[PDB]
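Here's Sialidase-2 with peramivir bound to it.
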Amino acid sequence: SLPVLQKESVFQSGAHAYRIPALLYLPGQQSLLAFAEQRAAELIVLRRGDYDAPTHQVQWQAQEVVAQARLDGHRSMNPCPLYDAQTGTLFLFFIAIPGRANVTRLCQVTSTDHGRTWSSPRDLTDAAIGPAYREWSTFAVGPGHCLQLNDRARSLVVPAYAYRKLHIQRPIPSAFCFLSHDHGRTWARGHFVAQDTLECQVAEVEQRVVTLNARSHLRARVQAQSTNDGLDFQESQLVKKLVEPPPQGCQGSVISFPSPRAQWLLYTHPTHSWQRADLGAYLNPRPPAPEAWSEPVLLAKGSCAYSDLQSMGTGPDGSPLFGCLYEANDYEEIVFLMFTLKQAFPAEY
Ligand SMILES: CCC(CC)[C@H](NC(C)=O)[C@@H]1[C@H](O)[C@@H](C(=O)O)C[C@H]1NC(=N)N
C-alpha cells in the first residue's frame, strides 16, 4: 500500500510479549522514544531512536527497561510519554495495579538526560484524584503521548478515563484530563466528557481549543473539545466518519501539525468496522470540525491495533514528517512507520 520513508519493527514476540506502544519526539535531539509494555502487563521498556534525514531513516538502539517506572508488587501499564519544551524535562506517566474497590495507582518518573536515566516514581494518586477516588473502581492514562499547552503557564495535559460507579449496574467510564499548571508539581482533575468514553488523547488547535478523541463501546469514535484548557469539554459527539470495531472499540491516536496553508489533525486507527485490521490515517484540515474529517488512507494492510502518532518536523520532501507506532500481526510485533503529509495526502499538500 501507501509508500513511506520507513517501515520497521521495533519490538517483537519471543522471550516476552509487547503491547500498548507510546511514541515521543525530542525536537532539539532529532531523536524518538518508543515505549511499550513488556508482558511476561508487567514492565515498561523503551527503545531510543536517532533519526537521520539524509538516509530517510531512524536508527534504533538496544531495548531497555524503565527500571524506575514501577512500584513493588505492582504491574505497570499504559505508558504516557510527554516532553516539557519549557524545562526540557521528560515525563513518563503510568499506572500501577497490584499482583469492586479501587486499587489503581497513578505514577510518574522523570528524566533530565533525554530519557537516558530516570528518577524515583512519584505516586500522584491521592493528591491528583482526592475523594473521588473511592467513587471509582479504576482509571487509566493514555495510553500514548500526552500534551503541553501554549497557555501562559505552558500547562501539562494528561489524557485519562475513570470507571465511574454511578450505580445496580457496572461501572460507566468517562474520559477527562489531569491538569498541572506548574510543570508536573501539582495535579488537578478536569471534568468528564460524555459517559461511556475510554482511552483517549488530546491535541491543541489554533481561539485556542483542546480536541479530545476517545475510544468507545459504540461503532464510531467520540470527540469532545474544550475552550478552558481541558478543564471542561462542552461539545461532545459521535464522529460517524471514524469507524470503531465491534467489541469495545480500539485505541486510536491523534496529533496536530502546522497547516501548509492554524493546525490540522492527523489521526490513526483501524479502518475495518468489523475488526482490528487495515490501519488507516485520517486527516482533518478544519479541526476540530467532526465532518471535516477525511476518508482514511491505508497505512498498513491487515491486523492492526493500538497506535501512537508523533509530529517529527519537516520531511525530506518539504512536507510534515510523521512518526507512527502501532501493534501489528495480532500483537506479534510493534511497527514504526514514518512518512509525510505528501505521501499520505497527495491531494492535500
Ligand atoms: C479494562 C480497560 C481496557 C481499556 C479500554 C484495558 N486497559 C487496562 C489498563 O486494563 C485494555 C483493553 O482491555 C485491551 C485492548 O482493547 O486491546 C488492552 C488493555 N490495556 C492493557 N492491558 N494495558
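FYI, the numbering just counts along the sequence from 1. Looks like X-ray crystallography, 2.9 Å, at least that's what the header says. Heavy-atom basis, side chains included; hydrogens, waters and symmetry copies ignored. Whatever order the structure lists them in is the order used to number ligands and atoms, beginning at 1.
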Practice item. Enumerate the ligands or chains belonging to peramivir, duplicates included. Key: ligand 1
Check your understanding: Which residues does the binding site of peramivir (ligand 1) contain at 4.0 Å, with heavy atoms considered?
Key -> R19, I20, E37, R39, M77, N78, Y161, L198, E199, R215, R276, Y306
**Study point:** peramivir (ligand 1) near UniProt substrate-binding residues in chain A (heavy-atom cut-off 4.0 Å)
**Key:** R19, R39, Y161, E199, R215, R276
Review point. Which organism is cited as the source of chain A in this PDB entry?
Key: Homo sapiens
